[PDB]
Amino acid sequence: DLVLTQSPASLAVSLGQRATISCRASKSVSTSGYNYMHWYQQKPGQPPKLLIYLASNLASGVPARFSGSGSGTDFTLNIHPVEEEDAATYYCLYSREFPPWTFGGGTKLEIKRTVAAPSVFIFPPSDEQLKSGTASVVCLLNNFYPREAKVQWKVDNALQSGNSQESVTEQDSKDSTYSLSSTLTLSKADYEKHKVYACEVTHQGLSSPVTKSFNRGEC
Amino acid sequence: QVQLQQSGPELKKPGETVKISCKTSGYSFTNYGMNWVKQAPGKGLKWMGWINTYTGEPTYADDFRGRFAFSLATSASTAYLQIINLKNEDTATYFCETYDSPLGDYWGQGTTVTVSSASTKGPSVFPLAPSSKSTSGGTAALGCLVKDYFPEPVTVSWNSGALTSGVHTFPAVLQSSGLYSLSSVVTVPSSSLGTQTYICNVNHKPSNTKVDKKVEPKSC
Ligand SMILES: COC(=O)[C@H]1[C@@H](OC(=O)c2ccccc2)C[C@@H]2CC[C@H]1N2C
């Protein structure tokens, strides 16, 4: 049977530098004289897109910065210079004119850029939600790098826990940054029990933690 | 040139069966046939198998025997993927593809299938008002909180598509209630909070819910 394993699983490469991805086949795919290795690129929320077919030929509408090499069992996909729009997952694919097909496990590619601090904002609950019995307080961290970030909620300066959730956007294909949203959910009752709601952010782009807050009733 | 459109997202309970469609822009699928690919949330691509366009003879990959069936409804150059006795492990996005040559590779945008016992439920849309607390420099941030819905997905656009710059719609989080929640925000000129109107358009097909929430400024 044929299995393809890719190296590495993840890779972070500086904008403008070279990205090298590998794929090894459990057995030779060049015995017929042709190199049956293909490469696909897939960005979040989109279907795969062919980049290279037959180990080294560029697919349709693929910039020359992408290239491929190898034969037998070892192949590599090369990107140079890496651009922000290249943040994606890359898969090698084995197959002849007709199937079967065998995909490799994939290689996530993150674009590395200069550190950037997040812009922090906070949103007190809306009147209509409060009216329905709950209170959601949202904290937004906009356009930052690297992805590593820490958000702490404090109600009347008391660190909250187990009552908040967050999601980070995929790396921006334009400027290579991230954005994060954190939601502190509380019952109307609980919410009206306290006065100060704050979001405290720590990111290697901030000299010292930044805090955003408001007082219930102020807004 | 060619383009495959697939049927929308589906919600089924375990044990049920689901049937997804793939339609070409051309008048039929090429001589090479058609392929189906599976992608579980956050996982890799996995070839399911293929079906011959002429012989209608399907071939299934090892890990996809018994419960899966590829069918050709040539009646309108359409192909179908059927899965019976749905399990949790079937929760994934299914892609259909076909090719006429090395340079002619066409993919469908995939059909997201969700296997769960949870009931469908439209979201509530709450405004994330811009104010002194969501302003920095000349930029003001504002948004919409789409809370308590099931199943995925939800789409959000701003001012019917007019505003798209600086828009950030985050990945939905699954709350302890088993319901999803998501937020969509946008940064717009602080002064343009007296010259412009801002409305988020939320669409949650699974429950046929369409909401338009105008987001107004808050003084404090
Ligand atoms: C002609 O076959 C293809 O188009 C295949 C592939 O090419 C070949 O396998 C191939 C074999 C012999 C000659 C030319 C191309 C490129 C991509 C990946 C699978 C499939 N295509 C979508």
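So you know, we letter chains A, B, ... as the sequences are listed, proteins then strands, and number each from 1. Counting starts at 1 for both ligands and their atoms, following the listed order. So how was this one determined? The header says X-ray crystallography, 2.3 Å.
The chief contact partner of ligand 1 in this model is named by the PDB entry as chimera of IG kappa chain: human constant region and mouse variable region. At ligand 1, the drug present is cocaine. Lab note: other chains with heavy atoms under 4.0 Å from cocaine -> A, B.
Heavy-atom contacts of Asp105(B) reach the following atoms of cocaine: 22 (C) (cutoff under 4.0 Å). Each of the atoms 22 (C) of cocaine lies under 4.0 Å from some heavy atom of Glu97(B).
Only backbone heavy atoms of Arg96(A) (N, CA, C or O) come within less than 4.0 Å of cocaine; its side chain stays farther off. Protein heavy atom at the shortest distance from atom 15 (C) of cocaine is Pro102(B) CG, 3.7 Å. Scanning the protein for heavy atoms near atom 11 (C) of cocaine, the closest one is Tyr36(A) CE2, 3.5 Å. Contacts between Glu97(A) and cocaine, counted as non-hydrogen atom pairs separated by less than 4.0 Å, involve both the backbone and the side chain. Near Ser101(B), meaning under 4.0 Å from one of its heavy atoms, cocaine places the atoms 4 (O). Of the protein's non-hydrogen atoms, the one nearest atom 4 (O) of cocaine is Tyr99(B) CD1, 3.2 Å. Of all atoms in cocaine, numbered sequentially from 1 with element shown, those under 4.0 Å from a heavy atom of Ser95(A) are 9 (O), 19 (C).
Protein heavy atom nearest atom 7 (O) of cocaine, with residue, atom name and distance: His38(A) CE1, 3.6 Å. Contact annotation: for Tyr40(A) versus cocaine, heavy atoms closer than 4.0 Å belong to the side chain alone.
When non-hydrogen atoms are compared, cocaine lies under 4.0 Å from neither the backbone nor the side chain of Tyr34(A). Atoms of cocaine lying under 4.0 Å from at least one heavy atom of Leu93(A), given by number and element, are 18 (C).
The PDB entry calls chain B chimera of IG gamma-1 chain: human constant region and mouse variable region. In this structure, atom 14 (C) of cocaine lies nearest to the protein heavy atom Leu54(A) CD1, 3.7 Å.
Applying a heavy-atom cut-off of 4.0 Å to cocaine picks out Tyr36(A), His38(A), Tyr40(A), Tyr53(A), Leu54(A), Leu93(A), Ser95(A), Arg96(A), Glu97(A), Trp101(A), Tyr32(B), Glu97(B), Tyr99(B), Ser101(B), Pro102(B), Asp105(B).
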